[PDB]
Trainee: 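Pasting in a structure now, in structure tokens, and then I'll have a few things to ask.
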Amino acid sequence: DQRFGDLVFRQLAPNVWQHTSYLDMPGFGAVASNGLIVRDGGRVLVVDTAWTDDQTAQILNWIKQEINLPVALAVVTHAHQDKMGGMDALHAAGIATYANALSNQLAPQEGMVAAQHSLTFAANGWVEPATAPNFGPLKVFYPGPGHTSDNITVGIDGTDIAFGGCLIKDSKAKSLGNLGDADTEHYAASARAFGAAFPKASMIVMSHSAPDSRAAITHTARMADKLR
Ligand SMILES: C[C@H](CS)C(=O)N1CCC[C@H]1C(=O)O
Ligand SMILES: [Zn+2]
Ligand SMILES: [Zn+2]
């Protein structure tokens, strides 16, 4: 782990790093959230902001120091603060931003700034490619409603990594966390659909646990079975 200001960065693969940021949530403690940073040749791609604009600017500072290539785009994985709280920092930096159309719709009411571009998805869950131009190795999949109605997931081609965002918890998690915005009927199926979309991914990265094996997916889905 590299501590960089109040954030933590961890290399996961030759071209992939996890960013971690923290927010004091009165009544919960200081909650970690993870996203990703991917180098694709001469550019960098970001998955999720940090909780705040200031923290997100720090991600960009770390990128400048440790990679020193332009950030071509960011994709954010639903309209909650841990994933979209730093949108303004990305925009101030001139970075093109992408989210599920539904996330952009929900952003204002959730207290978020919308991304500049909207992703749309085929019936089978795969992103419509024209809406995700120049995404390089990022393979974006809508697994169905679960943690939220708008949650999306991202595989990284050329690696063993798939990112479940807040949909997936690790194999030892005691619960699925706050289900206030969740689709309890469909959660289990959505978790399993994520697994089926990225069947060869052996490292599952997620927002609120450290990277784990595919047991994160099976355990998450099994816990979600109980919501029905
Ligand atoms: C505010 C975030 C948005 S995904 C959240 O709901 N969290 C963060 C950690 C788990 C869960 C919770 O509070 O129950
Ligand atoms: Zn969330
Ligand atoms: Zn979250």
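Chain A uses the PDB entry numbers throughout; the residues present, in order, are 16-243. Order of listing sets the numbers, starting from 1, for every ligand and every atom in it. As a basis for the values below, the full set of heavy atoms in this structure was taken, side chains included, without hydrogen atoms, waters or symmetry mates.
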Trainee: Select, from D-penicillamine, N-acetylcysteine, MK-6240, L-captopril, 9cUAB30, the drug or drug candidate present at ligand 1.
Mentor: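 It is L-captopril.
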Trainee: Of all chains near L-captopril (ligand 1), which one has the greatest contact count, and what is it called in the PDB entry?
Mentor: Metallo-beta-lactamase type 2
Trainee: Which residues from other chains neighbour L-captopril (ligand 1) at a non-hydrogen distance under 4.0 Å?
Mentor: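 With heavy atoms under 4.0 Å, it is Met40, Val46, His95, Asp97, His162, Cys181, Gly192, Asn193, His223.
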Trainee: Among all the protein's non-hydrogen atoms, which is closest to atom 5 (C) of L-captopril (ligand 1), and how far away is it?
Mentor: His223 NE2, 4.6 Å
Trainee: Would you mind running through L-captopril (ligand 1) and noting each atom that sits below 4.0 Å from a heavy atom of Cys181?
Mentor: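 Every atom of L-captopril (ligand 1) under 4.0 Å from some heavy atom of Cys181: 4 (S).
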Trainee: Counting from 1, what L-captopril (ligand 1) atoms have a heavy atom of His162 closer than 4.0 Å?
Mentor: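 Matching atoms, with element in brackets: 4 (S).
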Trainee: What atoms of L-captopril (ligand 1) come closer than 4.0 angstrom to any heavy atom of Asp97?
Mentor: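 By the 4.0 Å cutoff, the relevant atoms are 3 (C), 4 (S).
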Trainee: Enumerate residues in chain A that UniProt marks as binding Zn(2+) and that sit less than 4.0 Å from L-captopril (ligand 1) by heavy atoms.
Mentor: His95, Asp97, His162, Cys181, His223
Trainee: Can a protein heavy atom be found under 4.0 Å away from atom 3 (C) of L-captopril (ligand 1)?
Mentor: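 Yes, at least one protein heavy atom sits under 4.0 Å from atom 3 (C) of L-captopril (ligand 1).
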Trainee: Which atoms of L-captopril (ligand 1) have any heavy atom of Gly192 under 4.0 Å away?
Mentor: 14 (O)
Trainee: Got an N/O contact under 3.5 Å between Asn193 and L-captopril (ligand 1)?
Mentor: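 Looking only at distances, the answer is yes, because the N/O contact criterion of under 3.5 Å is met.
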Trainee: Check for other ligands or ions less than 4.0 Å from L-captopril (ligand 1) and list them.
Mentor: ligand 2 (zinc ion), ligand 3 (zinc ion)
Trainee: So, looking at chain A, which of its UniProt substrate-binding residues come within 4.0 Å of L-captopril (ligand 1), heavy atoms only?
Mentor: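 Sure - UniProt-listed, with a heavy atom under 4.0 Å: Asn193.
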Trainee: So which heavy atom in the protein is nearest atom 9 (C) of L-captopril (ligand 1), and how far is it from that ligand atom?
Mentor: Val46 CG1, 3.6 Å
